[PDB]
*Asks:* 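Complex under discussion: indirubin bound to Aryl hydrocarbon receptor.
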Amino acid sequence: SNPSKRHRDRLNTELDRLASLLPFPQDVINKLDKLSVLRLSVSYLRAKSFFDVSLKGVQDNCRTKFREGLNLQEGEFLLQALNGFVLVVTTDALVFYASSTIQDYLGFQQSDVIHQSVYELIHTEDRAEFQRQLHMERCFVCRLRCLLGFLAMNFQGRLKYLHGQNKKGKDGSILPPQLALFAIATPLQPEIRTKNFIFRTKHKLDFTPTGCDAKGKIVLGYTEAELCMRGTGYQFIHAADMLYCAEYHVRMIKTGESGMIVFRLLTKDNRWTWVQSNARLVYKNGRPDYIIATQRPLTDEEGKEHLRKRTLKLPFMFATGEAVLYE
Amino acid sequence: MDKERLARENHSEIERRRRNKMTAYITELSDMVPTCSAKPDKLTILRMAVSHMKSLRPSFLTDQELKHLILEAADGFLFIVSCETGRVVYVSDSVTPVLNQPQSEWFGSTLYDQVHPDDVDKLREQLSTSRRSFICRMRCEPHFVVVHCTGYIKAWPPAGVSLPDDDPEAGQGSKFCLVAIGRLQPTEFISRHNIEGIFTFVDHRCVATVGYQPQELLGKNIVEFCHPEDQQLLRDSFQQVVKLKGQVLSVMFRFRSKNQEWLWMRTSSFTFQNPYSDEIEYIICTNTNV
DNA sequence: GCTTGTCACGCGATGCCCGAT
DNA sequence: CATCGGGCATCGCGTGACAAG
Ligand SMILES: O=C1Nc2ccccc2/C1=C1/Nc2ccccc2C1=O
């Protein structure tokens, strides 16, 4: 042996001692490096120091053993109900903490993210905004690196003093704590194999739906009974397509075939879905009897394209809004 | 510059920054343990950090620390209800600082009994048969607060939690449960009403016109937003536009804005006739700021 | 087959400790 | 009470082996 070797061996033994104490599974610990070991040790100490100041149960007249067991997992229940993950970031843009579910949403292990620069997980065009929210309530949107490209995510949180961080001065004196962002990050919200869905709907002569096939129930969300108790089809049609649909209804009355039109229908989720439909009159004894509309759902993009290429310029054509439907 | 020399310099710089990071983390450890801050070398700092971690000590945080972080970040209270009956299987203490209600008022109860009746049916559509997110009105004369709920559907009973024989849950036999968090929270626009005045379609421009979101208007009668002096005028307008199908009727009234402020609005209304039966589907209104 | 990174090791320049001045 | 050289310990630097991606 030699002095350098023995000193390095002592240092490495202390590093292995630190690694064996980290609050992570053994498979996570074994694949760690010395720098990550020290980083996670510092992170654990800082978290415990903060909770030593900030922190510290079912009601006493409502205690049952099952409810106590649920209380012992209340935190994980909240985490799973977040539909996203927790993120505590310091003024130094360091990830003070990230909940495990980050791996479920971005593909990053929480052991590789904690005590690292948060900007490493953000889109550059959004980084300038993030620190803007870093320096009491906060509700913004940023795009974060997603290893499952990027992912747009809404952040809802606050700025609170991260106590117990023992920031020491030039004088060796303790400094007051800095603000830190405590945030919950969730994804955003606005068709699949149903692109090849071609479904048919039967209607009365006034376009009151009286029948619907299975793919129609899957696309529009109504049961066959629910689709009929809500009046004619004009109660389902977007207000930007009402007069277009009415003109093509007049065309169908005067010809028996409406041709291919692209319009928006209201689902049971109170959502709008584009359809390419063709209504045909079916006759009984030479007198019209009922309409048979055979349609295909469209993505919002190609629906907007069809609306842009509308032959008829009609009022409310470029209007957007929400609707409800009653019986 | 030859590539081997540049590679060697990059490698040396990487190792230098690596040693820098190691010493900085050792300094942070010295700042983080008791008597180091109150000067030691790297070995003593590492040994004292080992002892401190041994005294402190799988998850990085505890369940209580995680709950604390989530609640400090975005408030809320956890509730676990059954999908069949809505029976409140669990409610956290955070319901008291959120709804001003004790845990007793929710336990042994059902979620439909805790929400506004006008939401009950909606609630059912969120409980029958992964993720869920809705908005309802919860209790606290009685009083209600708009609560945003987001959660998921978990197969009951939960793994790891022991269910004793003499427990009130032993005989329930629920198969799924909603585990959720509840939190407290000169232009014109077009609209579509029924014959009675109920908003059935609301343009998104209403936000810039009256300060309301479309969901805040849909379902409500427009007369509810009208000044009591102007209410009979608006009602007679809605009644007369039905008798005069095709004709356009304009009326000025006072709309109660989002800030409970009166705005002078001109609403021009006409009717949409079915191309076959010539019946009135709805009333199209254009509501313009004045 | 290149790139970035981890770990060990050789190597001196100081550090600490401490009999011996 | 210091100061002074021993020998081992600390510590920062550069480089080479080796591997993951
Ligand atoms: O193709 C439809 N599928 C539907 C499902 C539910 C309710 C209505 C419709 C459809 C209409 N196609 C039309 C064409 C011209 C005028 C009116 C209409 C409609 O109401």
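In what follows, chains carry the letters A, B, and so on, assigned in the order in which the sequence lines appear, proteins first and then strands, with residues in each chain numbered from 1. Both backbone and side-chain heavy atoms feed into the values below; hydrogens, waters and symmetry mates do not. First listed ligand is number 1; within each ligand, the first listed atom is number 1.
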*Asks:* Mind listing the other chains that have a heavy atom within less than 4.0 Å of indirubin?
*Replies:*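 Those with a heavy atom under 4.0 Å: A.
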*Asks:* What does the entry say the source organism of chain A is?
*Replies:*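 Going by the entry: Sus scrofa.
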*Asks:* Binding site of indirubin: which residues fall under 4.0 Å, heavy atoms only?
*Replies:*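 By heavy-atom distance, that gives A:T201, A:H203, A:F207, A:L220, A:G233, A:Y234, A:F236, A:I237, A:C245, A:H249, A:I261, A:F263, A:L265, A:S277, A:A293, A:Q295.
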